[PDB]
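Structure with probenecid present.
The residues of chain A that appear here are 1-265, 298-861, 958-1530 by the PDB entry count, in order. Heavy atoms only: backbone and side chains are in, while hydrogens, waters and symmetry mates are out. For ligands, and for the atoms within them, numbers begin at 1 and follow the listed sequence.
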Amino acid sequence: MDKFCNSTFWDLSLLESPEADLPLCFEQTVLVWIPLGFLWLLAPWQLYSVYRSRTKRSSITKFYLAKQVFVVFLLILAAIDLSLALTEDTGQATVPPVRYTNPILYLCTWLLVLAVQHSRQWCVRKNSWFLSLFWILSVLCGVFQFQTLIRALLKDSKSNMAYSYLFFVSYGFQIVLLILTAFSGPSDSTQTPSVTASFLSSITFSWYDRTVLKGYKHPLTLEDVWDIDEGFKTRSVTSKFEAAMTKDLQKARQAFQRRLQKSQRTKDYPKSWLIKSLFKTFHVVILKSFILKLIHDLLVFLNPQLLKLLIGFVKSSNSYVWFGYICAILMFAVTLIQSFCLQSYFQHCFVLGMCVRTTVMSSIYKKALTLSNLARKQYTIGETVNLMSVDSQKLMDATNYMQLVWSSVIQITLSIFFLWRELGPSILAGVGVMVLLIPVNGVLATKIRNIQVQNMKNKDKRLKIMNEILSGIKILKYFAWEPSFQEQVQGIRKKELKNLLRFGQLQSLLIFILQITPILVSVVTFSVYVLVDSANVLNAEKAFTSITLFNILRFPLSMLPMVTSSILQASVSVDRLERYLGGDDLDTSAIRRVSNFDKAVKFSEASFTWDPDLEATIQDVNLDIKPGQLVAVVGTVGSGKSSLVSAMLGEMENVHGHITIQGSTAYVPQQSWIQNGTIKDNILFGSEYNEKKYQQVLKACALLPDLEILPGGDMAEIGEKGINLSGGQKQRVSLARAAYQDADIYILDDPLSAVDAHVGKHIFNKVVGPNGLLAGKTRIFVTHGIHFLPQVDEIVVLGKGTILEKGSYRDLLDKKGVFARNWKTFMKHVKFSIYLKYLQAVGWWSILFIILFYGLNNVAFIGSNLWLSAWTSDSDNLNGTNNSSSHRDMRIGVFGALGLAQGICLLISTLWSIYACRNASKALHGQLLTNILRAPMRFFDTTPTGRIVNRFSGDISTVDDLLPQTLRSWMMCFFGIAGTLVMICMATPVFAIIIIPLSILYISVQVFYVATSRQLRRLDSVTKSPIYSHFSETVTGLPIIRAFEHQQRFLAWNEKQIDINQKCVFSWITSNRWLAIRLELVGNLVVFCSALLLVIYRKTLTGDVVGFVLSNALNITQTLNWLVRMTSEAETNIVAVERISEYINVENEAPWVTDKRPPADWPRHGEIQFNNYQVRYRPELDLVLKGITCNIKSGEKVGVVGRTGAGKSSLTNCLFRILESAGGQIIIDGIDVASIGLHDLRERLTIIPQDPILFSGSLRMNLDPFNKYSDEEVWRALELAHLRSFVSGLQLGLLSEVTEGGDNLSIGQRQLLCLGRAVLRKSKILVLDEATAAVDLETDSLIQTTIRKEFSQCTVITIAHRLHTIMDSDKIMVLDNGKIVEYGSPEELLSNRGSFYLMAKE
Ligand SMILES: CC(C)CCC[C@@H](C)[C@H]1CC[C@H]2[C@@H]3CC=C4C[C@@H](OC(=O)CCC(=O)O)CC[C@]4(C)[C@H]3CC[C@]12C
Ligand SMILES: CCCN(CCC)S(=O)(=O)c1ccc(C(=O)O)cc1
Ligand SMILES: CCCN(CCC)S(=O)(=O)c1ccc(C(=O)O)cc1
């Protein structure tokens, strides 16, 4: 052990000296076999694994050649070393055996290295963990020999120069080899760099650099985010989940069947298989993350020990200089290793969470396409979309939290043990305090969650009322109702503000508890430890290692209740998900899709039922249809024709009797379903584009005139936003899609509901007629009209869920029996300006005082640490300072006082912040709501309603929820950083200089991160939204998809969308880890520079200063990273204030009241005069009304029907001053609208909208929200509207609840209510507007009679497009191209040489 080197093996005497150097024998002994030992103990395994499983990949690039060249240079160097050693035999007496046995080992090990490097070419990771770790170990274990040789040669020791020079060259080449191994290999551009990067890069996430640079120069486009590897793509993980889930689902299903049969001898579903299956399918990543976290946790408790060693070294005045530096270097190395481990664990955990969300969403979709009818009925579209949107996120969060709920326990236990070893059994006081603080955290978390749910509900109701307000802003501005509809939502917002303030107070309390736990624990533990006994003393090692352990334990202590609460929530979410997935699949035994048969349709005594709990809807049926034969099944309402079609599709359950169907089928229902996108893609429906067939199906249907009518043309847009296509157009496009799909059989279910006579007849003749495009294709038609009955070739009559007889129209006219009576019954007819705006909303005094009080908190904290330093120092002297109860009591009291001052200052800061942010949100929403209203109608016409609704929902929610927390967190992080830096610089002022470059470095990283992160965030928001929406689109129209047999196409599309979102979210996760590695390196650099400065100045500052400098420099590693992430979040969610301020500054119309007031009756019950008028719908675009002048007398029923131009509809808009009059004005009995107010004039003028809309709520304020009319007057008003009967049958009174939809307040009721409102307005000027011919004639007759009998004395306008109801007008006005050429009564109009206008009487 010593004879083989001819030198001293171990000698601690050299170490125990100011200039210490390790013995050369041990140095060439152990520091040489350690890297070679690591290499030779694993090289066979790596070589075998690579050579056994390998492809034919092989290339020779610059890197492979360079690494091989340098390794053979190492080979040559070891060879010449051996040559020199053997030659020196005659130089000396007997060379030591080491001098000539090391070169042989180096030769063999470099041959092994050459083989390893060559073998790596087969694999895909060129520089894997083995080689990089070997190089790192070699460099680290050789730096000792390098320094020893250089130190020996330094002191003029001219001995064996050649060997030293050769070792220097070999070490330099090893350094360059490690440098090369760090670099990522050249890329094949067929895989994402995450899988082809070198081990050091994959550890340090430097392979992301390119993307970040790509984000800084130009905005990131969805094509610039690298794809994910095939491991995480939704198809692969979903297949793995299904494989590992089928067995568990079968076991749970059999157990559920056994339980049900035992109970019987709906709330029970096969459960407790989702968690088992997910764990079984992800156990590998679960284990990798668990081991990585365990290593990091065992590695996080080395920093306090190193700090204790450093304090002990500085305290001793005879300590060796060569120490201390070793402690600082070790602290840097441990922090680096721990940061690498932690970030890799985070990447593993987050990617596992994202994969869990992917597999759950994809399994949801795959189940939605085969769910049985009953299970589909048990849910709803909104609820199921919410399930996929929310429960999957809950499961992802639970996955992220499960790997941490155990690491927190390990960290707490180890930290408790180490605190015990430091401070004796007196840490139980700290244990008690910080355990009593845990149920408080749990309770606060639960209360916060409940208040958040209540806030969500209130925000939903506010969104609903806001959307209703914005949809019908037209009539709202017409009737001058803005103050009332503003006050209602103002009250709702006040209630939401109260709830939000409560939530903010609870969050502030929770964060105050988290921030004050370490201070309270420190005070209590130190006080109890000193007071419990006089023997034990508090020195700088115990106190500051204990503070470091308290800081280590603060987070996992406060992250237990949150994780627990989230786990108990995900429990219910998992139960819901596995209740959905466990529902049985739909049955296909009855409906057999036989490949080849006769007539393609056979009803083998089928008996289908909507619900087994009820009587069979249809039973004992028998019908066969020849191929190519049109069948028009008809019957009474509710007979079961729609039920018959559903049974044909197989969307219903049956008791007995199978149905045999052959060939492909197409189907169109009465309720047409339209996907999001283009009309073209709707028509193709995933089939190949064919211009000929496309043109044919446009010609066959009525779509070309509609397409030319459409604004966007063939592409245009439809769905979601769309253009609000009419029902007839939807039916037409669905019929066209069915025709294009060219199936063998067609199932038409009332596709001509909102279709006129001639157009529907043409469509039938050209599509489903004898000469239609589907002559060779059989069709089963459901119809209600009689025009198409003569064209049927096989008509079946359906009654009470049972067919009666078959036949054709010839049978109809021949039998004169059942068919005759049936037919007879049938036809009977950013920049700082935005931050300034938000802060000004907050209030400058409030932010000034918040900043001042947080600064006072940090000053108190620095004072507390200085006092602890002095308290620990007083033990070293022991020259009368101690051994007195007064001194110890004063120390304890002042320490407690400083802790209390810090606590109350921080609490005052946070409470003031909460109140200021609440006030700011209130003011911002008030301003935005006030200014959106009273805005001119042009702004509403241009901007879509969805845009303003999103501005009121999402941006206001951001401003009220995520902006205060982000700004407070930024201030917290920044003042933590400033306190720590000004407390490190208080000991060694030289450190101030190192702030100059470090900050610059930090700044650089931040900039790059921001310039990418924003974009990634945006990309996520752009791609997450479609998935959910598509799910709705594929779950509302499930019968259509099942009929067309296009299931796999929809499944593939959903998988594609999931992958497109997955790549964005994965790139975001990696960007977070990239920034975290960089900034944890910056914080670690801060702690290492501080430790080096403390060691250098060890002869000036005592050990207590080292303790309180390092114990806080160790806490800065994460604060920098979180400061940058909070800066990025503040930049991301400040755009809400930007948009709100953009919408506040919108233009406003004429003011409410312009000083001058009208008399008691502004209309003066008299005439009106139109002077020279020059008015356009929007300014300087195109004048509409030009060169018109007229005078309408009192009580005149003046009607105007000009032409098809917009000039017909302009007058009303010009009568309420909605359109500003550029030329002339309007005189009404000497009263000019120009020189008078606006809202007062609109309030006392009436108008019937052409498209009236309803306001949600009651019926009293939907009629008169101002409540300025007595209930008797309102009742009389409905009495002339004869709506008294409807409300009397409904909830009696004026305050009956009303809502949208046809359930309540049907179209006739709506028209009656509008007429009543108009007649009770009681203004002498009446303006009408009619645009729809679908209104019932009785309603028109009654409103005309009541107008003529009540409003005859009042002037009326009657803007009516129809001609058959205007001859009764007293006067008729005609306006052409914006000009009037005639004036007089209808008799005078027809007196002009005979029908000179409105000639067309039909
Ligand atoms: C992305 C989601 C998970 C939001 C995460 C919130 C964190 C980014 C915020 C919330 C609480 C903040 C922490 C709360 C307390 C502090 C104490 C601070 O150290 C001190 O100030 C000493 C204690 C004292 O001053 O009394 C270091 C920053 C830190 C960890 C803050 C860093 C940023 C945190 C973790
Ligand atoms: C929602 C997860 C909660 N966590 C558990 C992770 C295993 S977490 O520890 O608090 C954390 C850490 C780091 C980041 C980040 O870098 O964005 C986010 C969250
Ligand atoms: C949400 C905050 C996340 N951080 C805490 C900052 C105070 S963190 O630095 O990223 C971190 C650190 C350590 C552990 C662990 O030990 O499990 C987890 C997360």
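Looking across the whole structure, one can locate probenecid at ligands 2 and 3.
The name UniProt gives to the main binding partner of probenecid (ligand 3) in this structure is ATP-binding cassette sub-family C member 2.
Around probenecid (ligand 3), within 4.0 Å by heavy-atom distance, are found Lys325, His328, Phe378, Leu436, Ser439, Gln443, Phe587, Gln1246, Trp1250. Source organism (PDB entry) for chain A: Rattus norvegicus. Near probenecid (ligand 3), meaning a heavy atom under 4.0 Å away, lie these transmembrane segments of chain A in UniProt's N-to-C numbering: 6, 8, 11, 17. Of the residues of chain A in contact with probenecid (ligand 3), the majority fall within UniProt domain ABC transmembrane type-1 1.
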